[PDB]
*Asks:* 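I'm sharing a structure that contains 3BNC117.
Throughout, protein chains are lettered first and strands after them, A, B, ... in sequence-line order, and every chain is numbered starting at 1. Heads up, header says this was done by electron microscopy, 3.2 Å. Just the heavy atoms: all of them, side chains too, but no hydrogens, waters or symmetry mates, feed the values below. Only part shown; contacts counted inside that part.
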Amino acid sequence: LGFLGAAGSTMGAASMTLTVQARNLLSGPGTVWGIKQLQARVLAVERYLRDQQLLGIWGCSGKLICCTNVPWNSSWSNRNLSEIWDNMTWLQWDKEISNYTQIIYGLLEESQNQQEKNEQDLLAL
Amino acid sequence: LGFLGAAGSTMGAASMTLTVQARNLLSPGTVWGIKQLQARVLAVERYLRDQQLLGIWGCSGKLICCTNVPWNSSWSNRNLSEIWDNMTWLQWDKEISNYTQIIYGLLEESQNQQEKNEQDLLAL
Amino acid sequence: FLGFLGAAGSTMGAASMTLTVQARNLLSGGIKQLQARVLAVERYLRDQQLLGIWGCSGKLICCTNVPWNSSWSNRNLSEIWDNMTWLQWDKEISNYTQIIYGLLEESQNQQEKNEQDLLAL
Amino acid sequence: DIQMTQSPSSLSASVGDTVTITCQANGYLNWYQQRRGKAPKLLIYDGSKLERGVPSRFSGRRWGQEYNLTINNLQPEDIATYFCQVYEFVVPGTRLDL
Amino acid sequence: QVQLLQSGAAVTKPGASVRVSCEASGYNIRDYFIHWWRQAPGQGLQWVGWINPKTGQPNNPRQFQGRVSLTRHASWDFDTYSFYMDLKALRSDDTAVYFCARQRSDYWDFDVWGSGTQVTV
Amino acid sequence: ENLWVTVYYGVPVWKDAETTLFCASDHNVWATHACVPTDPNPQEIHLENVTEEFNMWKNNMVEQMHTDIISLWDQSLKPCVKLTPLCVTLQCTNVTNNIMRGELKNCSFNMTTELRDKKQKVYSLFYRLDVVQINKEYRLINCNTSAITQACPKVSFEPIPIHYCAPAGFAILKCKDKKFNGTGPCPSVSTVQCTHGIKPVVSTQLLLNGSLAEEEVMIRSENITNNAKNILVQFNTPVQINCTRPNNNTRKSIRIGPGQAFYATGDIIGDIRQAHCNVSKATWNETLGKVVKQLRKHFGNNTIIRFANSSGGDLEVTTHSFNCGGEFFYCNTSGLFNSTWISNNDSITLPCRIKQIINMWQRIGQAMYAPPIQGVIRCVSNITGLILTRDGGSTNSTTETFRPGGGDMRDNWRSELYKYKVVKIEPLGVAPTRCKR
Amino acid sequence: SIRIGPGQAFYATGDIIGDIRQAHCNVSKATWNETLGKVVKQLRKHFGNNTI
Ligand SMILES: *[C@@H]1O[C@H](CO)[C@@H](O[C@@H]2O[C@H](CO)[C@@H](O[C@@H]3O[C@H](CO[C@H]4O[C@H](CO)[C@@H](O)[C@H](O)[C@@H]4O)[C@@H](O)[C@H](O)[C@@H]3O)[C@H](O)[C@H]2NC(C)=O)[C@H](O)[C@H]1NC(C)=O
Ligand SMILES: *[C@@H]1O[C@H](CO)[C@@H](O[C@@H]2O[C@H](CO)[C@@H](O[C@@H]3O[C@H](CO)[C@@H](O)[C@H](O)[C@@H]3O)[C@H](O)[C@H]2NC(C)=O)[C@H](O)[C@H]1NC(C)=O
Ligand SMILES: *[C@@H]1O[C@H](CO)[C@@H](O[C@@H]2O[C@H](CO)[C@@H](O[C@@H]3O[C@H](CO)[C@@H](O)[C@H](O)[C@@H]3O)[C@H](O)[C@H]2NC(C)=O)[C@H](O)[C@H]1NC(C)=O
Ligand SMILES: *[C@@H]1O[C@H](CO)[C@@H](O[C@@H]2O[C@H](CO)[C@@H](O)[C@H](O)[C@H]2NC(C)=O)[C@H](O)[C@H]1NC(C)=O
Ligand SMILES: *[C@@H]1O[C@H](CO)[C@@H](O[C@@H]2O[C@H](CO)[C@@H](O)[C@H](O)[C@H]2NC(C)=O)[C@H](O)[C@H]1NC(C)=O
Ligand SMILES: *[C@@H]1O[C@H](CO)[C@@H](O[C@@H]2O[C@H](CO)[C@@H](O)[C@H](O)[C@H]2NC(C)=O)[C@H](O)[C@H]1NC(C)=O
Ligand SMILES: *[C@@H]1O[C@H](CO)[C@@H](O[C@@H]2O[C@H](CO)[C@@H](O)[C@H](O)[C@@H]2O)[C@H](O)[C@H]1NC(C)=O
Ligand SMILES: *[C@@H]1O[C@H](CO)[C@@H](O)[C@H](O)[C@H]1NC(C)=O
Ligand SMILES: *[C@@H]1O[C@H](CO)[C@@H](O)[C@H](O)[C@H]1NC(C)=O
Ligand SMILES: *[C@@H]1O[C@H](CO)[C@@H](O)[C@H](O)[C@H]1NC(C)=O
Ligand SMILES: *[C@@H]1O[C@H](CO)[C@@H](O)[C@H](O)[C@H]1NC(C)=O
Ligand SMILES: *[C@@H]1O[C@H](CO)[C@@H](O)[C@H](O)[C@H]1NC(C)=O
Ligand SMILES: *[C@@H]1O[C@H](CO)[C@@H](O)[C@H](O)[C@H]1NC(C)=O
Ligand SMILES: *[C@@H]1O[C@H](CO)[C@@H](O)[C@H](O)[C@H]1NC(C)=O
Ligand SMILES: *[C@@H]1O[C@H](CO)[C@@H](O)[C@H](O)[C@H]1NC(C)=O
Ligand SMILES: *[C@@H]1O[C@H](CO)[C@@H](O)[C@H](O)[C@H]1NC(C)=O
Ligand SMILES: *[C@@H]1O[C@H](CO)[C@@H](O)[C@H](O)[C@H]1NC(C)=O
Ligand SMILES: *[C@@H]1O[C@H](CO)[C@@H](O)[C@H](O)[C@H]1NC(C)=O
Ligand SMILES: *[C@@H]1O[C@H](CO)[C@@H](O)[C@H](O)[C@H]1NC(C)=O
Ligand SMILES: *[C@@H]1O[C@H](CO)[C@@H](O)[C@H](O)[C@H]1NC(C)=O
Ligand SMILES: *[C@@H]1O[C@H](CO)[C@@H](O)[C@H](O)[C@H]1NC(C)=O
Ligand SMILES: *[C@@H]1O[C@H](CO)[C@@H](O)[C@H](O)[C@H]1NC(C)=O
């Protein structure tokens, strides 16, 4: 469906086209256009590396879809599985959990740190 | 052997020396300044594009990596016995410079299918 | 939440819990500012490339097959992990760093060729 | 060195007929039309490539050392001096006559 | 557009010196060599020689060596060029039409020519 | 078998590409202070069984180097004094010397001073080439064509080597093969961290300093059947050229305005002689013997290859132009380029004029005034090559004539970057193997 | 071209060759009216139906 083609698609149908959005994240004074475009390119590289570091900190490095041990708090969203993956889109869902994103990110970081510690102790003995 | 030393060596001989090529891919006040900055940004972007291509196929952080995509004979009708002993990588690139895009797309689709299957398996 | 570099003076046992805090702050953000940002990005990529070359990609705490040579340090595990901070230990292995890095590179190389031989039976 | 050999100085061809003036040469060859003492005009640049603004009837083909200058549907205006040039050397051109 | 305007016809005595001018305008004159050709009446073209507009260096055959002189003058404002050909020791063989041609490429594919100055001794 | 795709990263393969190289070298115009300190041990890796299709005449390294040298020249000339008040009427008497002709004019002129409302009266020994008449009234040659700025006083024009290093993800292939003409497949290829020591030496008709070939004299032309293409000759043995300005000159500071200084040739403390360059007679004769041998290789064994002095042009092209100790020499090489070769401690002194107003890189509107250099000056350089042009219209009648070349200054860089190519690594590769996840 | 300084020129009108006329712009009348008609029809949506 091309770049951002599954925007109006449901969450489940848009989870099959994560690659087409992943590729377009990195596809791209002496003069008026020089320094500002170079700054934009450096900012794009920094944003991509921040996203990759965030993925690696949660243990989901190199994975487009990755599972985690963090339980889903009912306060974050009371909606069930069917009305999330067959009714709503990704835009609406991001608008819904826009407050709760930071708490979820912190829980993912804490869970991965705990998992790494448990794995290290288990491998030690 | 140093950087790019195994360019003339056989493919199997260069499989063990891939690391030195891999390492050497990262490294207006003055005429040198802004041009060096642009060169560094270009090198960083090229390296990150290569790493992203590796990671989208499931080969993240690995120099050598199997994939589920079958080697369709339309891309090359050749025998494995003499490719790894009597061929060099430059010639091999010259034969298959024309079907890289579709192969890369197939790798993307196959890894997406594999990740979906792993998600479904871990669901139950 | 001790904060950035908060566990720098505590022993290693409490310092290894806060690896993510110092890891996050390596990517916080004229010609000089652009050069500084590009150098920071290149340094982060150098560190991550070094990690990936040893097989520790996307892993803060990574176990490896390299044996610990006694000549590098004669101390014991309890003394290392419960008496000194990370700064003192870094001062204590300043000249042995490159040899350990090379051994990690060689060990991961041996691991990947062994994996390729095993999987292609 | 440069060796040049051209077709005989005068060929007579009627309207609607196709004529080929062969020129054997070593080097980049260009075909020119000189019309009754006026300055030459570049018909063909390099062996087989058409100058911009030249009529589409004009064409050439290179095989070996010979360049034929195939002209299709000859007209009364095209009747003029034609010659082949490689570098600084120019043969005395042929002359279509009608 | 691209244009190379020649001068009027000249009549000179034998042994005198003649000058023919060619004003080039309408393009980047400095990039393309300006060759001079000489058509005798009824005979084929001859090569008087080329001149570089950037450096003024001419190149003429052995036949025209010592008599011909190709000069160039770039008028201020860089609006036009004036290429001059001077013949010094004229004789009966120099009755001819002189053309100034623009060598576009390495093929010597002269696409623009001058009007043609007829000189008769 | 049913092999599957296997992905290899770090593959040693490359493709042709153009990128911006950065300078590394171990004050002057070409700012090496803002360059990478080059590593002491160059990394040269001989790539065996590799043949690379080199083409020096379409090298982008040459174009990038030319652009960089021009930009560095402009950058060095920018942040210091511009000599705009000098373009006025100059009443120029002849110099005191009892006599080449009027090569030095005395030229007294009213000039500006620190106070705008006041005018002084100074004088400055100009050269004949730097002044054009308008019986005694003169003016600087640049007045009706260009805006002149003073070459900047503390800055030196002495070349020092600069290495053109490719960025990460790119490699430089040197062609170690001897008797290697510019185009075609080089079979002996090496990968290097950076180029050799390349001194930017501006010169016409004679490539000074630089590299010195390996085995034999090398003639390289973009096309040897084309007159418009220059012929670059590289010697296997250098020819020592000893150049000198013998006049002892005095530099006077004049205040043209607040904080601005103009440096004038106040006096000649000594004796007025003509500058020159000596070339050894026997060495140049043997060198031209090697050159005519290698040219007869190209043009057949029965051609009367003769050399002749340059046909007309600007002064930068008709004479061997260069810079020695800050003073710009223009040497009449009619004695060098002579003789007629057939199919078989005495020195040649070339009288050099000297100029102060200079138009570099084939430009007008940006004129430069080299300040006078105090004391006598002497240089010892290596003629290691020539630029030549062949007279057209041979009509296969032998007797090919070769005159010295022009001031393109990209041919000067092509005699150093002939062996170097820039390639881009493409480490990602896909192959068939029985590997499977 | 008037040389004002070294390497600097000032391009100045020297002479009008021919009759001195006035610059102008022509617009079709039959087009510009009913173009204004469409504009008025679309403005009356915002500002009311009986407005002048
Ligand atoms: C080709 O390379 C040759 C060397 O292989 C070049 O010859 C050398 O060139 C320099 C040119 O000046 C001369 O060396 C010294 O010159 C200085 C004068 O410059 C210094 O002083 C001024 C102010 O006093 C300062 O601004 C400068 O930065 C310098 O520090 C004198 O101090 C010395 O007497 C000495 O002569 C030599 O003549 C020469 N060196 C040799 C023969 O060893 C040659 O110029 C190059 N050819 C070119 C560029 O065409
Ligand atoms: C200089 O320009 C000349 C043309 O003026 C180029 O010469 C061309 O060279 C090629 C390669 O040798 C010739 O083609 C080859 O030769 C024969 C036909 O002569 C035949 O076996 C093949 O067709 C083959 O391509 C070609 O004929 C010749 N002429 C032209 C008009 O293209 C030359 O390559 C240029 N370069 C140099 C470095 O000398
Ligand atoms: C290349 O070499 C030739 C021959 O050596 C040089 O030609 C010579 O040029 C000078 C200077 O223009 C001529 O002198 C002039 O001659 C007459 C008197 O005969 C007079 O008008 C001038 O006062 C002046 O002295 C000289 O005659 C002439 N020689 C010959 C044999 O023609 C030429 O200058 C050199 N070109 C270069 C280095 O570019
Ligand atoms: C150039 O001319 C000036 C005068 O215009 C000369 O300077 C004078 O020289 C005489 C004779 O030695 C002295 O008496 C004067 O005091 C000098 N200075 C003046 C008038 O300011 C100068 O010597 C000449 N320079 C040369 C020929 O190199
Ligand atoms: C060039 O002239 C200068 C003066 O303009 C000479 O420098 C003088 O040298 C003598 C002898 O050593 C000293 O006593 C003077 O004090 C110097 N004068 C100045 C003003 O510095 C210099 O020696 C001359 N050079 C040559 C090669 O003759
Ligand atoms: C370059 O040098 C040659 C050789 O010295 C000069 O030719 C001489 O010119 C003078 C007049 O300037 C004659 O009197 C000589 O007879 C010539 N010598 C010959 C023909 O061998 C030539 O003029 C110089 N070029 C310049 C100064 O531009
Ligand atoms: C250029 O100047 C050289 C010195 O800088 C001359 O070298 C000479 O060579 C011998 C020793 O080899 C001695 O005679 C003398 O002391 C001097 O060093 C060289 O000949 C000279 N070259 C020319 C062409 O004039
Ligand atoms: C848009 O939504 C409708 C249902 O409302 C669905 O049938 C249709 O396929 C969707 N179109 C897309 C995702 O392009
Ligand atoms: C934040 O949550 C509240 C309810 O707790 C909700 O009303 C609000 O819409 C959320 N914010 C956004 C930006 O959607
Ligand atoms: C190619 O070079 C390699 C070393 O770089 C060598 O092992 C191999 O034998 C060479 N090829 C041939 C045919 O000798
Ligand atoms: C693809 O590229 C090759 C190599 O350049 C070319 O010869 C070929 O015609 C192209 N097409 C196919 C179908 O292989
Ligand atoms: C500092 O030293 C005290 C000593 O009792 C220790 O308890 C504490 O953990 C150390 N570190 C920090 C960060 O406070
Ligand atoms: C490493 O060796 C140097 C001497 O080369 C010594 O000064 C330094 O303290 C040593 N570092 C350690 C033991 O950490
Ligand atoms: C400047 O004047 C000189 C005086 O001789 C003349 O040669 C030159 O052509 C002039 N330059 C121009 C008009 O650009
Ligand atoms: C001054 O000018 C020239 C300079 O070459 C010289 O030949 C001439 O004799 C002098 N004129 C005089 C003293 O009148
Ligand atoms: C300086 O200006 C004066 C008038 O004040 C004039 O007579 C003289 O010719 C000018 N030049 C010099 C060099 O004195
Ligand atoms: C020199 O170049 C010519 C074509 O320009 C070619 O025939 C010759 O083989 C080249 N020299 C080599 C490969 O040594
Ligand atoms: C030196 O040149 C003379 C003629 O000027 C000739 O006899 C001799 O053979 C030349 N030397 C060489 C090495 O060609
Ligand atoms: C050049 O050589 C000729 C003899 O061939 C000689 O008469 C002439 O003087 C020489 N020219 C010089 C040395 O400038
Ligand atoms: C000339 O070349 C020689 C080697 O042939 C070298 O030693 C010398 O430094 C070079 N430079 C000179 C004499 O300035
Ligand atoms: C404008 O000029 C064109 C021709 O360029 C003409 O067809 C058209 O009717 C004119 N329009 C006017 C006068 O409104
Ligand atoms: C403009 O067109 C409208 C609508 O056709 C019409 O009512 C009106 O009279 C026209 N105005 C003129 C011709 O001035």
*Asks:* Just need the ligand numbers or chain letters for 3BNC117, all copies if there are several.
*Replies:*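 The relevant parts are chains D and E.
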*Asks:* Which chain is the largest contributor of contacts with 3BNC117 here, and what is it called in the PDB entry?
*Replies:*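 The main partner is HIV-1 Envelope Glycoprotein BG505 SOSIP.664 gp120.
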*Asks:* Would you pull out the other chains with a heavy atom less than 4.5 Å from 3BNC117?
*Replies:*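 Chains with a heavy atom that near 3BNC117: F, G.
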*Asks:* Write down the organism the PDB entry assigns to chain F.
*Replies:*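 The PDB gives the source of chain F as Human immunodeficiency virus 1.
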*Asks:* Between the chains of 3BNC117, which one lines up the most heavy-atom pairs with chain F under 4.5 Å?
*Replies:*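 The most heavy-atom pairs belong to chain E.
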*Asks:* Which residues on chain F are in heavy-atom contact (under 4.5 Å) with 3BNC117?
*Replies:*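 With heavy atoms only, it comes to F:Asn144, F:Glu222, F:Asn223, F:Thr225, F:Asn226, F:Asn227, F:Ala228, F:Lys229, F:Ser311, F:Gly312, F:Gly313, F:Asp314, F:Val317, F:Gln362, F:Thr389, F:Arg390, F:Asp391, F:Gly392, F:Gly393, F:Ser394, F:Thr395, F:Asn396, F:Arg403, F:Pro404, F:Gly405, F:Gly406.
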*Asks:* With heavy-atom separations under 4.5 Å, which residues of 3BNC117, by chain and number, face chain F?
*Replies:*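 With heavy atoms under 4.5 Å, that gives D:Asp1, D:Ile2, D:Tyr87, D:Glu88, D:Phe89, E:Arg30, E:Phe33, E:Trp47, E:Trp50, E:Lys54, E:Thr55, E:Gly56, E:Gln57, E:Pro58, E:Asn59, E:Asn60, E:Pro61, E:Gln65, E:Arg72, E:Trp76, E:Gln103, E:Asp106, E:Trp108.
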